[PDB]
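See structure below.
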Amino acid sequence: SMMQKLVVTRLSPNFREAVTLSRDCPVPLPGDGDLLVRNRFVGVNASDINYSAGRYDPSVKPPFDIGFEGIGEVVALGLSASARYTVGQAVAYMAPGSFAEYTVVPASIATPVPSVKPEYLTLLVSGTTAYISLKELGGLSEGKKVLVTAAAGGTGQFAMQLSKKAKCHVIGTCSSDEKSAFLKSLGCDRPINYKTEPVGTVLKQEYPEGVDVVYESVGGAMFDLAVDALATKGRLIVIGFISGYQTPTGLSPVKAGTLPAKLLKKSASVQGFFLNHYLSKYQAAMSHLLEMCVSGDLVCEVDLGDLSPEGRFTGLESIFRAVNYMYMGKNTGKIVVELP
Amino acid sequence: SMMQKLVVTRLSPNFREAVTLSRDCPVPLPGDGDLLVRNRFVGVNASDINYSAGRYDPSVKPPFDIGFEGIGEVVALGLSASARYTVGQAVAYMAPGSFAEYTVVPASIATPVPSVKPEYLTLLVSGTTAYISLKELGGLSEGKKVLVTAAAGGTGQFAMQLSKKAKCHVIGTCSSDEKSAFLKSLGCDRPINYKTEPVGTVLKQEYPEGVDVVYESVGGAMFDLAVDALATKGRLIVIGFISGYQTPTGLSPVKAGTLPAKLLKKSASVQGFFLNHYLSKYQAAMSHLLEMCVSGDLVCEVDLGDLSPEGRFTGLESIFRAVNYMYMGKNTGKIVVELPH
Ligand SMILES: NC(=O)c1ccc[n+]([C@@H]2O[C@H](COP(=O)([O-])OP(=O)(O)OC[C@H]3O[C@@H](n4cnc5c(N)ncnc54)[C@H](OP(=O)(O)O)[C@@H]3O)[C@@H](O)[C@H]2O)c1
Ligand SMILES: NC(=O)c1ccc[n+]([C@@H]2O[C@H](COP(=O)([O-])OP(=O)(O)OC[C@H]3O[C@@H](n4cnc5c(N)ncnc54)[C@H](OP(=O)(O)O)[C@@H]3O)[C@@H](O)[C@H]2O)c1
Ligand SMILES: Cc1ccc(-c2cc(C(F)(F)F)nn2-c2ccc(S(N)(=O)=O)cc2)cc1
Ligand SMILES: Cc1ccc(-c2cc(C(F)(F)F)nn2-c2ccc(S(N)(=O)=O)cc2)cc1
C-alpha cells in the first residue's frame, strides 16, 4: 500500500545532492496496457547523474522519478496486458523510474525473462548498447582490431566478448590487474591496466598500423588517443564520455580543433550512438543476448558490491553508495542493486 | 626541345611565393609503359596550395612538380603503351606534375576521352570525389535532405547534381545571386547566398528536423553550423576545409569542444574522405561520369576566367591568377587553365 522510491528534488550531476529517498509514497496502479512490477534488482548507469542534472529534458523541473532499468515479478496488470502477461511472471524493462519498490511499465516495452536473475538485467541497457552499436556501426569481420575502453565495465564486458565472437583482435583498457585478469578470462588479446602501462605507448609499440574500431566510453585523453590510434578507414564509436559527466557542463575536454583534418587524412569517422534511436533493433538484440546468456556462451558479470567496503548493494539507500563505487572505478561488470 | 613548367621552390601555402615558372626545362621522354601528354587544359584545385605547403608528404623538400590533373594529346609513348594508346589520341589523367607543357603519365592510369574538351577534365578530381564519397558514404535514397557547401564550385556542382539524381532534396551554399541562379538551373531546391542570408536561420526555420547528409568542403563557421543542422542519424562528410588552407597550419578554427556530445545526442557521424584511399572505385566512377557528360545528362561547368579582370586563363603564368580567383571566391564551376598550341 505504501512504498519507498528515489526522487530527483534538485537538478545536479552530484547524485547525493540531486536525489531524495521518499519513505511513504503511494504504490501506483497499472493502466489497462500497464504492468505493475515488484523491482527485485535495479541497474546503476553512468548516465543516472546526467538524468539527475536534467540533461535529457532541460524543460522538465523537479520532482521526477529516476532509474533506467529493473527486473522483477508482475504483481498487478491491466486487462489488455493480461492477454500476453500473467501475475507472478518474471519480467525486465528499460523505462525511467526503476529506482522504486514498484514501477508501472507499459506491457508493450516489457521483456519476458526466464527467471528473476541479475545476469538478465545486465542485458537490458549494457548488453543491447554493445550488441546494436557494434552490429549497425562496427562493420566487424575476422582480423579487425577493436579497442574497447572501460572494457571491464557494464557495457565494456559485452563489447569485448561480442568483438571476440566476430573473430576480431581485441584490446581492452581498465584500472587494475584484477580487471586485467577478468579481461583475459573473457579472451581479451591485449588487456591494458592504464594505471601501470601508458595506453598511448602500448598502441604505438604494439599496434603501429593502428586499430579499425574503437568502442569509446570514457572521453577526454582516452578519446584523443583513440583518434590518433585509428587505422585508414577506422571507426571511433562515441558510446559515452564518463570522464566529463560529474563536471558542471557534463563535457570532457578533447583536442577537437584538429579532428576534422585527422579524419580526412585517414578517411576515418567519429560516429555517435544513442540506444533510444535504435529501438526498432532492441527486441531482436535482447532475444539473441538471452539465448547466449542462458546457454553460457556469454559471461554476464554482476557487481552487487559484495567486495565493497560497506558490502552488498541492498535497498534503495545503497544506490547512493553504488553510484560512488562506479565513479571511483571500483566495479567489475554491471553494478546492480538488490531490493529484498 | 625545351618547355615551361611550374616548380615548387619554397614550401608555403602562398602559391605566388612557393611556385616558380621555369622556361628552360627539358621535355621528359616516356618509358615503355608511359604516355608523353601535351597538356591542353590543366585543373586548378583548392589543395594546390596544400601541395605547395608540403602538407602531403612532409618528408619531400623542394623542388618538385605540381598540378594534379591534365587533358591533352599523346605526342609520344612506349612500345607496351602502344597496345592501348596511339599518338594523336585524346587522354586525361590525375597525377602530380600536370602544370607543365608536357607530362609523362603511366598508360595504366590514363583515361581515354572522346576529344580534348575542358568538360572532361572537370570529372577527373571534382567529379570522382563527389561521386565516390556520396556512393560509398552518403546513404542517399529518395527524400533524404542534402546540404552541399561551395555548391557552385568545381566538386560542389557534382555533389549537387548526383544528389538530385538520387531523388534527394538539395540545399546549396554560395556567395552571390549569379551563383544562386546557377544552382537553381542545376535543380537545387534551396540555393542560399550566405553573404545576404544567415545560413543557420534558413536551416532552423526551413529544415527544423535537420538535414540527413552534408557535403562539407568549407570548414570553420560553416562546419559548426552543418553539425548543428544534422538530423537524427545524420552524416557529415569532411571533403575539405578551404577556409583554413591559407593559414600557417592549413586548419580553420571550429567550435568543436561539444562535437562528441552533439554526435552522441543525434546518433550522427563525421566521416573523412580522401580520394586516394578509394582508387579501387575510380575507374567505374569516371566511366559513369563520362557517359552522363557526353550524353548531356550532367552539367560540367568550366570557368576559364573569360569574365575575370585580366580575362581568359591562358598559359602556365595564368595559374597564379587562377588560384587567387578561387581564393577570392569568384568562380562558377571548375577553374581550368588553357595551354594553347
Ligand atoms: N550511448 C548509449 O546509449 C549508452 C548506453 C549505455 C552506456 N553508455 C556509456 O557507457 C559508458 C559506461 O557506462 P556503464 O553504466 O556501463 O558503467 P561502467 O563501465 O560499468 O563503469 C564505469 C567505468 O568507467 C571508468 N571510469 C569511472 N569514472 C571514470 C573517470 N572519471 N574517468 C575515466 N574513467 C572512469 C571505470 O573503469 P576503469 O577501470 O576502466 O577505469 C569504471 O568502472 C558511459 O560513458 C555510459 O554513458 C552509453
Ligand atoms: N577529399 C578529397 O579528396 C577532395 C578532392 C577534391 C576537392 N576537395 C575539396 O573540395 C573543396 C572545394 O575545392 P575545389 O578545388 O572544388 O574549389 P571550388 O569549390 O571550385 O572553389 C572554392 C570555392 O569555395 C569558396 N571559398 C573560397 N575561398 C573561401 C574561403 N576562404 N572561405 C570560405 N569559402 C571560400 C568559394 O565559393 P562560395 O561562393 O561558395 O564562397 C569558391 O568559389 C576544397 O575543400 C577541396 O580541398 C577534396
Ligand atoms: C552534456 C551531456 C550530453 C549527453 C550526455 C549523454 C550521455 C548519454 C548515455 F546514453 F551515453 F549514457 N546520453 N546522454 C544524453 C543523450 C541524449 C540527450 S537528449 N536526447 O536530451 O539530447 C541527453 C543526454 C551527457 C552529458
Ligand atoms: C593541414 C592540412 C592537411 C591536409 C589537407 C588536405 C586537403 C585535401 C584535399 F585533397 F582533400 F583537397 N587533402 N588534404 C590532405 C589529405 C591527406 C594528406 S596525407 N598525405 O597526410 O594523407 C595530405 C593532405 C589540408 C590541410
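For reference, chains are lettered A, B, ... following the sequence lines as listed. The numbers used for chain A are those of the PDB entry, and the residues that appear cover 22-361, in sequence. To match the PDB entry, the residue numbers of chain B are left as they are there, and the shown ones run 22-362. In what follows, every heavy atom counts, from backbone to side chain, and hydrogens, waters and symmetry copies are set aside. We count ligands from 1, going down the list as the structure has it; atoms in each ligand are counted the same way.
- Counting heavy-atom pairs under 4.5 Å, the chain with the largest count for ligand 4 is, by its name in UniProt, Prostaglandin reductase 3.
- Lab note: of cilomilast, rabeprazole, hycanthone, mofezolac, celecoxib, drug at ligand 4 is celecoxib.
- Contact chains for celecoxib (ligand 4) (heavy atom under 4.0 Å, other chains only): A, B.
- The set of residues with a heavy atom less than 4.0 Å from celecoxib (ligand 4) is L285(A), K286(A), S68(B), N71(B), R76(B), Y77(B), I260(B), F262(B), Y266(B), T270(B), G271(B), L272(B), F295(B).
- Intersecting the UniProt NADP(+)-binding annotation for chain B with heavy-atom proximity to celecoxib (ligand 4) (under 4.0 Å) gives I260(B), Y266(B), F295(B).
- The PDB entry identifies the source organism of chain B as Homo sapiens.
- In summary, the atoms of celecoxib (ligand 4) found under 4.0 Å from a heavy atom of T270(B), numbered by their order in the structure, are 1 (C).
- In summary, the atoms of celecoxib (ligand 4) found under 4.0 Å from a heavy atom of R76(B), numbered by their order in the structure, are 23 (C), 24 (C).
- Of the protein's non-hydrogen atoms, the one nearest atom 13 (N) of celecoxib (ligand 4) is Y77(B) OH, 3.4 Å.
- Shortest contact from atom 22 (O) of celecoxib (ligand 4) to any protein heavy atom: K286(A) O, 3.5 Å.
- The shortest contact between atom 7 (C) of celecoxib (ligand 4) and any protein heavy atom is with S68(B) OG, 3.2 Å.
- Protein heavy atom closest to atom 5 (C) of celecoxib (ligand 4), with residue, atom name and distance, is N71(B) ND2, 3.9 Å.
- Atoms of celecoxib (ligand 4) found under 4.0 Å from any heavy atom of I260(B), numbered from 1 in the order shown, are 11 (F).
- Short contacts between celecoxib (ligand 4) and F295(B), defined as distances under 4.0 Å to a heavy atom of the residue, involve ligand atoms 13 (N), 16 (C), 17 (C).
- The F262(B) neighbourhood of celecoxib (ligand 4) comprises atoms 25 (C), 26 (C), with distances under 4.0 Å to a heavy atom of that residue.
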